[PDB]
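For reference, the structure discussed in these notes is given below.
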Amino acid sequence: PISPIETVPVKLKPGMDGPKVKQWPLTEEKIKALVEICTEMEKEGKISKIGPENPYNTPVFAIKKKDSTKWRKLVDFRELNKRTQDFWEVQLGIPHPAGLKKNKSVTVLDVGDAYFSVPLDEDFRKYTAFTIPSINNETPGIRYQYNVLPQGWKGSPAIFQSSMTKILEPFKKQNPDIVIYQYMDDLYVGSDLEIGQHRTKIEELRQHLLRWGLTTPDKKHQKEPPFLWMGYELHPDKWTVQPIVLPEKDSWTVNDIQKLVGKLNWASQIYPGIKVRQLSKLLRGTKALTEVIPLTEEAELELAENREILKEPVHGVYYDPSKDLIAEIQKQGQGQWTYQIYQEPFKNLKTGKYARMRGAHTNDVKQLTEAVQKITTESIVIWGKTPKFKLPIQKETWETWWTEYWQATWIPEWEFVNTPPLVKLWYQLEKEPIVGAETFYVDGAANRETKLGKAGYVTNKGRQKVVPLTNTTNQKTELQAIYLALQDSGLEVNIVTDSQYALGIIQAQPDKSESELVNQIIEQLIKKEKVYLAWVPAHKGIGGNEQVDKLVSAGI
Amino acid sequence: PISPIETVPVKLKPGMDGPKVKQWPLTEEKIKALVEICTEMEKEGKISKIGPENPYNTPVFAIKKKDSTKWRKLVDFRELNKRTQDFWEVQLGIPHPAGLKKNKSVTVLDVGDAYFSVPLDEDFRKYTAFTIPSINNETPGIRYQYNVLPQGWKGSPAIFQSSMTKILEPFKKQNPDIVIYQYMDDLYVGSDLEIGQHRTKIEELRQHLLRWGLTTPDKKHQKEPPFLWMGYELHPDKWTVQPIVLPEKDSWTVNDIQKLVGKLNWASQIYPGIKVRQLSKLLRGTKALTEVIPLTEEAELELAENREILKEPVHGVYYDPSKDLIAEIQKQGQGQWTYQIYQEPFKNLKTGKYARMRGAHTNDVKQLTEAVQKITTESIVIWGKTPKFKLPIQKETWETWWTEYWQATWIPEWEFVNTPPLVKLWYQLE
Ligand SMILES: COc1ccc2c(c1)N(C(=O)OC(C)C)[C@@H](CSC)C(=S)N2
């Protein structure tokens, strides 16, 4: 049944014309199966035979699924989709179960083939044209043309949604309180009316729709209470994804690890603590899906650690605005952090994770704040609100940090919390130069081509030292020189550098870097009493720099 | 009321289709507020909901421009401007009165509402499409297109230029010694007469305007400690400075000399020919730090002579209108921040220092946003162009909190700095 609703005007991308594909015939039983549908599709008015005029073709596939009983066809408008104008984004994102409201009764209606009920613009029909020659191609005039929204076509979804939005409006107002949502071929209706008062209203909606032209052949609520919406498992007061199973192999490929990382990533929503750190760390190699990446003990100790979690069911609660929002975060180490957002304690609303990847060595605090951000962001995306923050940070360590750092930030409403993995700044590089402490003029360099470097220092009291290095970088040398300077010094020290780069990392105050050298330096910094770092230019610089590099150079 | 007035055909540069821009997710209150606004504007005939046939989009925001009571719907037209107006920067472009800067006192006032009566080209309206975001994607986005002239848009005042000029003439005639620039929904008015006389002269224009049309310069009111009353009152009679400032005392120890030389070495990239060598000579001997070493002979020649090149900078004072301005601010001491506008690195056209009283609301973001806003007006007045900003702040961070303290009608282009520069000194430039 065709819907009377007004059809939106559709044109082709400027100066373009529609498809002309006079397809290669098939005298198969398929050619009769075609008209079996057509000369019964036109009866329902979905299509219409058009005259031998200008209307140009689009390929028909007479196929049918593996013994589908009902042999159903489908025209593929691949070339038409190319020609048609651009519409508004349908899949502008999906709603997240994390910020929905508690509903007494929810219903879902099947809006498939409802695309087929909504009509198509008259000054456009001609483009969806198609012909189909039978016996000996001596009867070509079996030329049909669509009147509704063609399955698979470009406009089809964006228009349908619009038409439905249009259609639901009068109904959404005769009873404002009941909310409706729609997507693809599903209609998630919902309200807080007693089952009977509720189930009647549904049949009311059904008749309304049916009064236009759309159809819901399913007598009532046909979709079983537990729903598989975009994988998610939906129940009246809880949510998850029941089918969350990842197989164990022994010699897998990049192809398979990608799906793993992704299924794991998916699970991060409710399952607290899931880490994909080492799990993804390996995929970093130049992509070739069929190449087998051998697992590391870390990658092994991570999956099973995850399997442990994923083995048992854990659900998610729903949103209730009347109650305030709160989020808590905590560190897992190696850059991994994890969060949970709740309202009622241990009434898990949603969870997730952040990890500072690729861009190595950074401060712990910058991470925590980078974390807050993802959350802040994702909250607005969901609840349109920003949560109260429960985070392991001493107020003074934050005060000093933003008062120290160069880049700008703002962490809203937050409160302290204790958990062993506490975030704090272990050291601070001295602001002013330490008076009694020895001055280590330092320098480092390497023969970029040969990779053989020499690192070292000289002190105010002529305490020199130079140590060789091979298969290292010019920068590795620069840092090695500082570590050296730290080692051989007392509790308080003043160190001066030639490289601006070197300076940066130390001032950045990181911790727990995978880089073996940086850790060593970090530990030295923590062990120290006071450390004043200074920076002077590399080449034209003096102050000792006009000797410390003549001391560390040899080879070319 | 649908006005039968004739419109001007708006066609952009071919090979450039309309803005398909992602709408930032907004706060609940902010959304309801936009809905309020739009619903009334819809009745007023101003804007109209559209269908799927319109794929274009533009970001909308919610501001508290007045004095933070009612919500102002701000539209991010940045793209459309690019997409149309850079060819209508010539076609019907409003020229800049190059002395507005040399002027003694200027005032800015909303003239946005003016464009609302006037209609927008039928075949172009589609490009003004914007979307009000539904929370958690609950419902489909709310889509309208402007039917009249858009506030944020740069093409709007261009069209109204004719109408504006006319509505200005009586004031322009009786008052010649007063300049009037129109960059967007704002009118900049400059005078060389003092405050008292000037405010009464402004009220005059406001009155004049309001007389000559429902063009309403929104109400005068106070705020901060030493109580103000009407319009944003700038004073470009002092829009110049030398924020360099070397240590007039701290030049005794090794470190002081060490640190000194580096800033001087960076200054070399800007002010050419700076003698640092003779001064850096009394360092070479690897001597201890904190050692109070008195300054030598030939080394003093490198200071005093190059300390006067720091108080007299002239070179490529030139400004290319074919190129764009780039302003980069950097976080300094608690309350202070420092900006630098240039078009080609080191070639610094304007260099200033911003600083909001540390105490009122010691917020980090507010400060920056405030800065940018000011830094920008500083540009318009002096060049009639908004700079691309190199922001020392996290992308995601800004995209969240900017719209909060944004009391401007316009929105400049921006970028984010993810790198710490040695550039930060006691008083720094670029
Ligand atoms: C067991 O299914 C549900 C349980 C709670 C909710 C929903 C479905 N919601 C929905 O939009 O359907 C899909 C897209 C999730 C709506 C009520 S249906 C309008 C809300 S506010 N909370």
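Each chain gets a letter, A, B and so on, in the order its sequence line appears, and its residues count up from 1. How was it done? The header gives X-ray crystallography, 2.7 Å. For ligands, and for the atoms within them, numbers begin at 1 and follow the listed sequence.
Lab note: of PF-3463275, HBY 097, AT7519, R-roscovitine, drug at ligand 1 is HBY 097. The chain in largest contact with HBY 097 bears the name, in the PDB entry, of POL polyprotein. Heavy-atom contacts below 4.0 Å between HBY 097 and other chains occur for A. This deposit refers to chain B as POL polyprotein. In the PDB entry, the organism given for chain A is Human immunodeficiency virus 1.
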